[PDB]
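In what follows, chains are A, B, ... by sequence order, proteins preceding strands, each numbered from 1. The basis for the numbers below is simple: all heavy atoms, side chains too, and nothing from hydrogens, waters or symmetry mates. Whatever order the structure lists ligands and atoms in, that order sets their numbers, starting from 1.
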Amino acid sequence: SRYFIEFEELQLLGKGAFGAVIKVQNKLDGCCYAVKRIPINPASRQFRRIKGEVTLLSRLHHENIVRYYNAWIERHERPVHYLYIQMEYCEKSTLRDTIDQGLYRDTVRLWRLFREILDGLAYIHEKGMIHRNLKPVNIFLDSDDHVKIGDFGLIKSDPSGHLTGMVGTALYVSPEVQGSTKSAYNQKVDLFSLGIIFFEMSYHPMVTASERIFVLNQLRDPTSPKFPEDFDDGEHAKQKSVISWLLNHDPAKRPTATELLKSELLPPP
Amino acid sequence: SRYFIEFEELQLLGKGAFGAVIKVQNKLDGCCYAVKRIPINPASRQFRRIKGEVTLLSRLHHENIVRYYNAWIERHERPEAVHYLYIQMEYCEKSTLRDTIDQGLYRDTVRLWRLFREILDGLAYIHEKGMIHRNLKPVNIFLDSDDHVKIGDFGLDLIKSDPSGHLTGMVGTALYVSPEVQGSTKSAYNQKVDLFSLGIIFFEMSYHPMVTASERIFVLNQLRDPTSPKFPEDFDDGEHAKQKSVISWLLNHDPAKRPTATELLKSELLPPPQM
Ligand SMILES: CN1CCN(c2ccc3[nH]c(-c4c(N)c5c(F)cccc5[nH]c4=O)nc3c2)CC1
Ligand SMILES: CN1CCN(c2ccc3[nH]c(-c4c(N)c5c(F)cccc5[nH]c4=O)nc3c2)CC1
């Protein structure tokens, strides 16, 4: 097994239904990587979707996309197949942890990392693709504080007990690709995720779960697209405009990645 | 029924909304054919389009065009009584050009270039006789026992077909149709529409088998990019270069900037025949 003989497992980065992401160190070069191990049935339609995503990722080359190193399938003894995808390890945390540590206070940085997410999103989009998985836990920063878009994959969580609405990854998922009214996945979906991601980028960390659920669900309202009182039309204004344009219920009223880059609302690089 | 009495069905070659193509065997001569069965209605303007096609298809004689044998109408069944049109054409033993690309054509540079010249010979003929094909796709170009090109007849934003679930754009048949024919139709009927499809066909012939659906959709949509016709990074110049110059010639977004079939056969980009 190539994984256990060539790589030194260092730390678990993520876990879930997909499988896991591990911080590893190649024994030969000595660099750290984020190897994604997915348990697969090489006969299933699931295998056709991952092999299809490995093909697409190996063809993506952008400064703001997470770098692809290698992908291989391994067969394990009687407890079975595993698919490994070796990708770059972005040393300087995720965008999630960058927001939680006060990104909002540094407007100059805030606007730079946003532009970078747009550059990489534009590249993905101009190569005719939809990400479907743009969330702060899947956008990272390297040693040089650059954005690296990751690869592609009522509420008990509320301590007050009174909150209703969507929670987690669902808060980033476009309204058109939800419910019974499943109005076809578009590239405009990736831009809805980016309008939620930019609000969080532009707003103070939401310390409590009750605060996060209320604030993000009120922003997602088609009959009331919010913005908290402390997110004033005075000091933000252009930020509020970008967020409101991207979060426009009508998938057709949303800009293109290139439209927002060639827009006056975004400061110059 | 002439079809059931005079012929014996051996295999289904293809299907669709148009009708179907079935490999038959004539009981009198012992030869196999490709009978294209079309459900029709004689009082419709669609039938008068089909009749006109049988009229033109019967006037074409070139070694690189699928030979036409006979055409007839058959009133079959009872309810309000269905009408069918049969077209009996040549059966090409070897394969389709699709199954030649998929079984690695891109390697044999002497076969690749020959097969392409043969497609241009047939296409130059159809164009001389004042016609446009509009069905030039690797599934409608065949190869007979002697490994020769036979151009078939003319039988007139997430893409759900993609297993990954990320790809956007053109899928299947739309991948060969000229951009002047889709969206903005002002002169969507030129002979240069055929020459565009030939660029996509020559790309596939010159490039490795794209066995994945996700690969074929990505690779072919990148080439069809109006703003910038991409081309893969795998597609060398040390073993190609002329091949790439021809593909670019043919795929020019502007139909005026594409060659004519006889212009390209006269071009020095094309290595001369030695057979
Ligand atoms: C409390 N906080 C938890 C998350 N902490 C963390 C730190 C570094 C991290 N690098 C990656 C990472 C990926 N997750 C990754 C991927 F999922 C797919 C492809 C490439 C990737 N590259 C990465 O570099 N995640 C990190 C999380 C920071 C502390
Ligand atoms: C390698 N695999 C073999 C079986 N398969 C096959 C083999 C031979 C074939 N010939 C024709 C064929 C036509 N389709 C045809 C037409 F569509 C209109 C007019 C004349 C035609 N003559 C043909 O000979 N199809 C074939 C399919 C698919 C490829």
Exercise. Which protein or nucleic acid chain has the most heavy atoms near ligand 1, under its name in UniProt?
Worked result: eIF-2-alpha kinase GCN2
Exercise. At ligand 1, which of tofogliflozin, latanoprost acid, dovitinib, aztreonam is present?
Worked result: dovitinib
For this session: Name every other chain with any non-hydrogen atom less than 4.0 Å from dovitinib (ligand 1).
Result: A
Exercise. Which residues lie close to dovitinib (ligand 1), i.e. with a heavy atom under 4.0 Å?
Worked result: A/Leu13, A/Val21, A/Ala34, A/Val66, A/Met87, A/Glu88, A/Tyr89, A/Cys90, A/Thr94, A/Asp97, A/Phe140, A/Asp151
For this session: Tell me which UniProt domain of chain A holds most of the residues that touch dovitinib (ligand 1).
Result: Protein kinase 2
Exercise. Which other ligands and ions shown here have an atom at a distance below 4.0 Å from dovitinib (ligand 1)?
Worked result: none
